[PDB]
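Record below includes estradiol.
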2 protein chains.
Amino acid sequence: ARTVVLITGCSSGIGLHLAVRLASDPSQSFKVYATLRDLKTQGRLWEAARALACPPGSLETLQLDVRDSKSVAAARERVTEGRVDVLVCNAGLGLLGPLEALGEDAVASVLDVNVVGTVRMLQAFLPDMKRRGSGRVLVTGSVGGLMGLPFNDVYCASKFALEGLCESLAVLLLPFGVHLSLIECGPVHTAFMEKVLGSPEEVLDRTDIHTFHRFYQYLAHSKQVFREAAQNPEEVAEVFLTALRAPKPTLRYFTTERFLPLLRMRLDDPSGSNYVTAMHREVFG
Amino acid sequence: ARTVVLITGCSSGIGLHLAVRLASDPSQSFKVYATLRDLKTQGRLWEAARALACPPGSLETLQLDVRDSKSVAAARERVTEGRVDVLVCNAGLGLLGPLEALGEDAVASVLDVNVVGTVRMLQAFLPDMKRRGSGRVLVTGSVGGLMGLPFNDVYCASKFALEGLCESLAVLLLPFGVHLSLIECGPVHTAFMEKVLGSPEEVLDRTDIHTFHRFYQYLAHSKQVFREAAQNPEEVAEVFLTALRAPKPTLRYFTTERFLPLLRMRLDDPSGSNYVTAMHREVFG
Ligand SMILES: NC(=O)c1ccc[n+]([C@@H]2O[C@H](COP(=O)([O-])OP(=O)(O)OC[C@H]3O[C@@H](n4cnc5c(N)ncnc54)[C@H](OP(=O)(O)O)[C@@H]3O)[C@@H](O)[C@H]2O)c1
Ligand SMILES: NC(=O)c1ccc[n+]([C@@H]2O[C@H](COP(=O)([O-])OP(=O)(O)OC[C@H]3O[C@@H](n4cnc5c(N)ncnc54)[C@H](OP(=O)(O)O)[C@@H]3O)[C@@H](O)[C@H]2O)c1
Ligand SMILES: C[C@]12CC[C@@H]3c4ccc(O)cc4CC[C@H]3[C@@H]1CC[C@@H]2O
Ligand SMILES: C[C@]12CC[C@@H]3c4ccc(O)cc4CC[C@H]3[C@@H]1CC[C@@H]2O
């Protein structure tokens, strides 16, 4: 009867806010399974659930490690209703710093969670939706998935990957009645460092002095972009709802038009020369 | 004196042809290190080298596994000249089939070689080029790195990833005098299956009958696109040379204009609705 929704990465940010937005919806039409990698981080979720007074049984927490298919299979199994009407692939890791300063482990982790982890969720949940000829999948994208940002080389690699992943799939799913949609967010309030980097001593030991200088410049710039452009996760969460209510969802939703013009010069110069120059002066003056 | 060039994935295709194109250049200005994952596959390379009469000492073969940084460090070490003037990140794996039918291992492998393997090469070789304030990096892209293709979900994920990887880096490298360039190839002659898939019994056991039907349709279509549009690796290899001779290289080179219009409707409809529909009818009629 209710729309069963399964969301990944609900310890914070978009995922946590989206879970509570849905479970507490005045209409009581959503049954929400908020998954989290470690159950010890579930308190912020329950505290938000109490604030928005989610009624008993509208929200459940599941431990789900997207880097593990047995974990993915186990949470799938936990879906009491026997079907998921809306799957939200939200789990994600950030990674910021000079390429040469990133640990191999850190690099592999990011793609394993952002990319292979989404592939796992889709392998486990699409089969059933295709069968029923129904279901919606929302994947949280990023402006960094649409244009390259310096010092976010690997993060962007993973976000650009999701675009390719979802776009290829969408061309196939079109006739199965299964809708997949990317929600492209610009910066969103509630974070730290920006994503994840190392101490300046760590980064200095791992890079040249000039790249180290550039990094600082990028960080100062990003901090200002967040200050003047960051959105409340409440406003971003509502975009996920606009997408899931669309009788005919598009492949892509943007939570803001703020980056569209920059996305435009990128789109209008296939060679990438205009964007690289524009983004260079935009960050490094 | 000579331009030291190190190329990855030279057992076949673009990499093999590019190595011999350079080593045999009438000007004898390139010193080429052609790397290969397994040295047992080096015969096609030496046979091509003899056909184009590469002079003694213009070409050397190195075993390099991009999935292993110790292997990456060892080949770096083997560069007798102590510098690489041109790095060509060419090594790549394809992967074709319904998402649900791909092995987790196969999925992780593809991103490990196409994405993390390129990250490894760049971590190992960029530092020195940045220091000298010179060097060129050419990365072999794909039309699948610019637009999603059905049944190539993971392959596209990895090719789209490289775009994000190289684009972020380019915005940073601009002032270090280091040039990075993606060479976007459409289909190129000398392949098998298209990239890599499983036997129809394997794929049927792993997917629904309708998706199985769609796959066949995609395969028939791709085979026709190859037949009518595939380029000789000789013509594709020359584009790498156009890029490396450009006094001011752009971020992106296209080996053909054949897919630009389709790339256009993709660029002109940010929501992705036009491209998904256009590509759907293009493949599945
Ligand atoms: N933060 C921003 O400024 C911003 C901007 C644009 C787009 N976004 C996007 O939104 C997503 C999440 O960002 P957010 O902080 O706003 O929300 P979020 O819901 O906190 O997503 C990040 C989450 O990933 C989860 N995660 C980490 N490792 C995991 C693993 N192995 N398995 C499963 N889940 C794992 C974490 O909690 P769990 O314990 O639940 O797993 C965490 O909640 C990303 O995909 C990102 O592109 C965020
Ligand atoms: N084939 C096409 O139709 C086509 C079309 C468009 C773009 N391209 C692009 O060109 C690249 C190569 O395709 P190609 O067949 O034309 O040329 P290629 O030079 O044969 O590249 C594929 C190569 O990857 C190498 N490789 C596989 N695993 C590796 C590993 N672990 N470590 C290092 N190298 C590994 C293989 O030989 P080694 O033993 O040398 O390593 C193989 O030669 C890809 O990145 C692809 O995007 C090809
Ligand atoms: C990549 C993000 C969107 C694009 C943002 C951006 C966009 C443009 C720009 O000039 C700088 C930055 C810095 C912070 C970036 C954000 C950090 C988190 C978010 O996902
Ligand atoms: C992805 C590739 C470029 C784009 C090609 C394409 C492009 C358009 C299209 O309608 C179908 C195909 C099938 C084969 C694809 C190719 C297979 C190898 C190559 O890299």
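Simply put, chain letters go A, B, ... down the sequence lines. What you see of chain A is 1-285, where the numbers are those given in the PDB entry. Per the PDB entry, chain B residues shown: 1-285, in order. Both counts, for ligands and for their atoms, begin at 1 and track the order of listing.
Every copy of estradiol considered, the relevant parts of the structure are ligands 3 and 4. In this PDB structure, the PDB entry names the chief binding partner of estradiol (ligand 3) as 17-beta-hydroxysteroid-dehydrogenase. Other chains in heavy-atom contact with estradiol (ligand 3) below 4.0 Å, by letter: A.
Heavy atoms under 4.0 Å from estradiol (ligand 3) belong to A/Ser142, A/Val143, A/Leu149, A/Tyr155, A/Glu194, A/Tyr218, A/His221, A/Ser222, A/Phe226, A/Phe259, A/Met279, A/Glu282. Atoms of estradiol (ligand 3) found under 4.0 Å from any heavy atom of A/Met279 (numbered from 1 in listed order, with element): 9 (C), 10 (O). With hydrogens left out, the protein atom closest to atom 7 (C) of estradiol (ligand 3) is A/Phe259 CE2, 3.6 Å, a heavy atom. Within estradiol (ligand 3), counting atoms from 1 as listed, the ones closer than 4.0 Å to a heavy atom of A/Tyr218 are 13 (C). UniProt lists residues of chain A as binding substrate; of these, a heavy atom within 4.0 Å of estradiol (ligand 3) is found for A/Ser142. Of the protein's non-hydrogen atoms, A/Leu149 CD1, 3.3 Å is the one closest to atom 1 (C) of estradiol (ligand 3).
Short-range neighbours of estradiol (ligand 3) under 4.0 Å, ligands and ions only: ligand 1 (NADP nicotinamide-adenine-dinucleotide phosphate). Of the polar atoms of A/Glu194, none of the N or O atoms is found under 3.5 Å from an N or O of estradiol (ligand 3), judged by distance alone. In this structure, the protein non-hydrogen atom closest to atom 12 (C) of estradiol (ligand 3) is A/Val225 CG1, 4.1 Å. Note: an N/O pair closer than 3.5 Å links A/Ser142 and estradiol (ligand 3) by distance alone.
Considering backbone and side-chain N/O atoms, A/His221 comes within less than 3.5 Å of an N/O atom of estradiol (ligand 3). Here is the list of estradiol (ligand 3) atoms found below 4.0 Å of a heavy atom in A/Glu282: 10 (O). For atom 17 (C) of estradiol (ligand 3), the closest non-hydrogen atom on the protein side is A/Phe226 CE1, 3.5 Å.
Counting only non-hydrogen atoms and rounding to 1 Å, the UniProt active-site residue of chain A nearest estradiol (ligand 3) is A/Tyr155, 3 Å.
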